[PDB]
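Consider the following structure, which contains caffeine.
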Amino acid sequence: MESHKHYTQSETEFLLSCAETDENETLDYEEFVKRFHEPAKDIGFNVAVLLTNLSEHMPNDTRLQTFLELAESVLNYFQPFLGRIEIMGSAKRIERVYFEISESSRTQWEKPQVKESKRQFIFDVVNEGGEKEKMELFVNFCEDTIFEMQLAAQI
Amino acid sequence: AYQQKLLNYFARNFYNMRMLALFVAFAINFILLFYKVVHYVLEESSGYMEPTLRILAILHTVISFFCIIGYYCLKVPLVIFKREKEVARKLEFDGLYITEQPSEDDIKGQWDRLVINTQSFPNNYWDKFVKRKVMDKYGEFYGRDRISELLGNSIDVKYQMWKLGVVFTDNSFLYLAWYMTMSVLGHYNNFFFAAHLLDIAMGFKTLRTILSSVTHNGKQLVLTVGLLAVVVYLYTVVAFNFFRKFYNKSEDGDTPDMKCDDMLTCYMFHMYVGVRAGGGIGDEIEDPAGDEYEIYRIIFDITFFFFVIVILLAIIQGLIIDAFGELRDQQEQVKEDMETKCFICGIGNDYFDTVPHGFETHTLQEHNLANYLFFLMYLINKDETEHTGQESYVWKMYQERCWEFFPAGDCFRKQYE
Amino acid sequence: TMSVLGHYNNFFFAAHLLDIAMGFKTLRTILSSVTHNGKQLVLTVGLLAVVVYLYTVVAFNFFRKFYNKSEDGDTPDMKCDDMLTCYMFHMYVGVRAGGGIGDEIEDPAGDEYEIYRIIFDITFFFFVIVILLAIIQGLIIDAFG
Amino acid sequence: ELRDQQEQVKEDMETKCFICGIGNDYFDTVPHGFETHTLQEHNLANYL
Ligand SMILES: Nc1ncnc2c1ncn2[C@@H]1O[C@H](COP(=O)(O)OP(=O)(O)OP(=O)(O)O)[C@@H](O)[C@H]1O
Ligand SMILES: Nc1ncnc2c1ncn2[C@@H]1O[C@H](COP(=O)(O)OP(=O)(O)OP(=O)(O)O)[C@@H](O)[C@H]1O
Ligand SMILES: Cn1c(=O)c2c(ncn2C)n(C)c1=O
Ligand SMILES: [Ca+2]
Ligand SMILES: [Zn+2]
Ligand SMILES: [Zn+2]
């Protein structure tokens, strides 16, 4: 742990708290990551949305960057998983939306029976399909690819 | 339990097996280049050239059979899903097999009357309560004796008979059947693996465009070849009635000299020779010098060269080259439109640019139509107890099918900053 | 390194007039346009060598008796009933002609295969000389545009 | 020219109003925006 230059010596000892109680001065390999990792990746997610939700909504804040530059070992871990769209939200005003993208769905928007169905669609719509049915043809496309992404899963 | 192990191997390797039934079908049509005349193959490398074709021609029918089993488990389940959606959204949101009863056209509408009598109708459409929704919406104007009757080792035989009506009428499945039914004929005669190099055409992109441009401007092309067969026909009736004495395909007059004084054989002479020449018809005709009809003959040939070889054969080539100019440019335009506007906003490369990487981050993070697809996959796994304030103004509007929630013109910088 | 070879043989200073091409501006543009639309050009010449190949296998299996490059029958008459030499005959002569293949072939008049032969030649003239040889010229002239 | 002339005419018919002369864009702004504007609001049949 010390040779990776990530944790300082005030943190390499805290990580070795007891961690075994087992007779050999060792650990358990996949149980120590079972103990402590996964009950802070979805707890810690909503923290990452909240610091994201404040920086984009409230700019020009000197007080916020002091936390924000400390969070960069989190905000550069969850940015693979942080899906950000924009909708016209119920008040005639456009408000951003933040959500959670899995890892069994960023790796099946690859797998080229799904990639070929995109390029067969993008060319079909930006060529033909008027403005009274453009976004209908998008929402009708998202329903199919979700069936494709289910289909490429059980293979 | 071992069947679904193999059957899920072939659907995984379908795009990576169709590049194997091409590197084989070159190796057939390279050994087959050595034939010689009874037709018997010689050798150029060694004696083991004949068995490497009898090996290679049974290996090709096997691989061309695994590329339709892998098609039957990769893309034909999807074409069912896009078909069971459109039926189920027709008799429910609109009403088709109760109120409308479709016409003699749209045979797929007529064919899909066979499916709604089945037990397991929405097999792929995730929406197994259509048959309860119609009787609650259309059980009032029409009696629920009828709607209960219209809808409803023993497999879904009335449904499996419907499904094969969708697989066989499917476009890309027929090509995977014609690709295999030649490999059955490839052992009746070895020369039928020469019609497998036409998988180059439906395999590349700038060769699929040529094969489309022959028929893309097609509905005018028949009406222009159909003017060739009338101008050359009207050049027959003049030549048949006036100029029979020039039309000799014969030698010196001593021979049993062959003529063209018969309508059906003067006509095929004017089209097998009169079109493909360079000078129209004035090549393969005895020279007019000592005749009274000479001036009436130079006028006959010049307007043949001008109407059929200068005009009508240039604008038949013109509709096949300048359809290849549209279809290449169409693609170019699509790419340019993709790299100069936003898909969902529809704004421009200019207004978002205004900063380094201005349009790039606007479409990588702020809209990024991947994300609008993961967001709709989000609401399917979220429970309706858990929908927040905006994930249920969306999910109400999507169940309602209104779609006023995509950003029409503005995004974020068009009101803030 | 050609000027070293220019004294092994005097004829190697004839490959120094190709310094005209990388020397001017409207001649450097021609020499670029051959390969500028190049990645489609191989896939279109590569369709010529397959359509003319599929016109060989039909002519080899059906029409061997017309393919005489010979004189009057009395001579030791030369044929094209061998695949590799029927194929190079369809490409050295069948492409560069004006009428496709209906020039250098004995005339079909007294045969039962006559209607099956006029269809063979018209679609040779239309597919390989009217279309596929116009859109191979088309990618070298409209890359210069 | 004469094929393109016809093409242009068709395109002009499907992107402007005959009597207004305004555009497919300003009337669109809503689902079926240009369609109802020329089916009901002007519709040169009705002026006849
Ligand atoms: N809403 C949008 N979402 C994503 N891309 C967009 C959008 N609007 C415009 N674009 C443009 O589309 C381009 C994306 O390229 P494209 O969709 O052809 O696939 P790609 O990212 O090139 O990867 P591949 O070609 O392998 O699918 C981006 O460069 C972007 O400029
Ligand atoms: N003032 C207008 N009145 C009617 N149509 C208009 C007007 N301005 C533009 N248009 C366009 O003209 C189109 C009408 O098509 P057109 O006039 O060619 O005949 P049609 O409705 O297609 O029927 P047909 O071709 O059988 O006569 C409409 O789609 C409309 O978009
Ligand atoms: C359950 N369910 C849905 O409810 C659904 C869907 N796509 C859209 N909806 C609405 N999919 C794929 C789905 O499985
Ligand atoms: Ca709630
Ligand atoms: Zn946008
Ligand atoms: Zn108007």
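Order of the sequence lines fixes the chain letters, A, B, ..., with proteins taken first and strands second; residue numbering starts at 1 for each chain. Computed from heavy atoms alone, side chains included, the values below leave out hydrogens, waters and symmetry copies. Only a selected region of the deposited structure appears here, and contacts were counted within that region alone. When the header is checked for method, it gives electron microscopy, 3.7 Å. In each ligand, atom 1 is the first atom listed, and ligand 1 is the first ligand listed.
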Locate caffeine in the structure and include all copies. ligand 3
Hey, which chain has the most contacts with caffeine (ligand 3) here? Just the name the PDB entry gives it. RyR2
Heavy-atom contacts under 4.0 Å: which other chains make them with caffeine (ligand 3)? A, B
Species of chain B according to the entry: Sus scrofa
